[PDB]
Amino acid sequence: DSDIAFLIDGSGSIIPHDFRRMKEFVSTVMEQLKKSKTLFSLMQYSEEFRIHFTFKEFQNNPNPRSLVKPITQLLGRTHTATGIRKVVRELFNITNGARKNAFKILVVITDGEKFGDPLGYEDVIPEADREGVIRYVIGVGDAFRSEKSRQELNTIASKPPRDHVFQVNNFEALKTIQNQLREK
Ligand SMILES: CCC(C)(C)C(=O)O[C@H]1C[C@@H](C)C=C2C=C[C@H](C)[C@H](CC[C@@H](O)C[C@@H](O)CC(=O)O)[C@H]21
Ligand SMILES: [Mg+2]
């Protein structure tokens, strides 16, 4: 009943310690939701974009370790808004294994410093709402330490922000998603 896509920040500002933590966060969400009706898909972005697995590819090989282990960090600039547009148009496409009546969830993992993107969040967030995608944001590094990055996380997340913005250092986001999925 639910299709969950990950969009993870592989840009130069993300230190390898945090990138590693993104990989274990994503893997743990998948591992915890195994034996459920959830499909998973993941894109890494910087100034380039890498689909590491589609929903269909997860369905054919639902092994979180096998799917996430070979992921290496892109480095480069931070095109978060374009990444969101590509997730919506490509990952949640039926050609890639996305399902018609599935509950759509996007989990964006970033430090909240979009940089060099020709697109603004105003260019892509409406499209995300148009396709019914629920957006959770997982902050990393110093995302919560300045007002600019805090507000950027809020801008990406579905409303209200306090229900959709979380940290990579814990699994509160997973608890919330599990609760949402249970209720739904
Ligand atoms: C891009 C060519 C340019 C501007 C001439 C240059 O000399 O560029 C330097 C100077 C500085 C002002 C701005 C830069 C922008 C991108 C380059 C990866 C580089 C490193 C800063 C960058 O690593 C900061 C991270 O935040 C990247 C990201 O995560 O988006 C850095
Ligand atoms: Mg960056």
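Just so it is clear, chain A uses the PDB entry numbers, and the residues here are 132-315, in order. Method on record in the header is X-ray crystallography, 2.0 Å. Read the numbers this way: they start at 1 and go in the same order the structure lists the ligands and their atoms. These values consider heavy atoms only, across backbone and side chains, with no hydrogens, waters or symmetry-generated copies.
The drug candidate or drug found at ligand 1 is named simvastatin acid. Measured by close contacts, the chief partner of simvastatin acid (ligand 1) is listed under UniProt as Integrin alpha-M. For simvastatin acid (ligand 1), the heavy-atom contacts closer than 4.0 Å come from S142, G143, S144, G207, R208, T209, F246.
Below 3.5 Å of separation, one finds no N or O of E244 facing any N or O of simvastatin acid (ligand 1). Listed in the PDB entry as the source organism of chain A is Homo sapiens. For atom 15 (C) of simvastatin acid (ligand 1), the protein comes within 4.0 Å by at least one heavy atom.
Looking only at protein heavy atoms, the nearest one to atom 26 (O) of simvastatin acid (ligand 1) is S144 CB, 3.3 Å. Most of what chain A uses to contact simvastatin acid (ligand 1) comes from UniProt domain vwfa. Protein heavy atoms are absent from the space less than 4.0 angstrom from atom 7 (O) of simvastatin acid (ligand 1). Of all protein heavy atoms, the one lying nearest to atom 17 (C) of simvastatin acid (ligand 1) is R208 NE, 5.0 Å. Scanning all protein heavy atoms for the shortest distance to atom 28 (C) of simvastatin acid (ligand 1) gives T209 OG1, 3.1 Å. Protein non-hydrogen atoms do not reach within 4.0 Å of atom 31 (C) of simvastatin acid (ligand 1). Other ligands and ions with an atom less than 4.0 Å from simvastatin acid (ligand 1), by number and name: ligand 2 (magnesium ion). The nearest protein atom to atom 22 (C) of simvastatin acid (ligand 1), hydrogens excluded, is given as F246 CE2, 4.9 Å; this is a heavy-atom distance. Among protein heavy atoms, the minimum distance from atom 27 (C) of simvastatin acid (ligand 1) is reached at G207 O, 3.8 Å.
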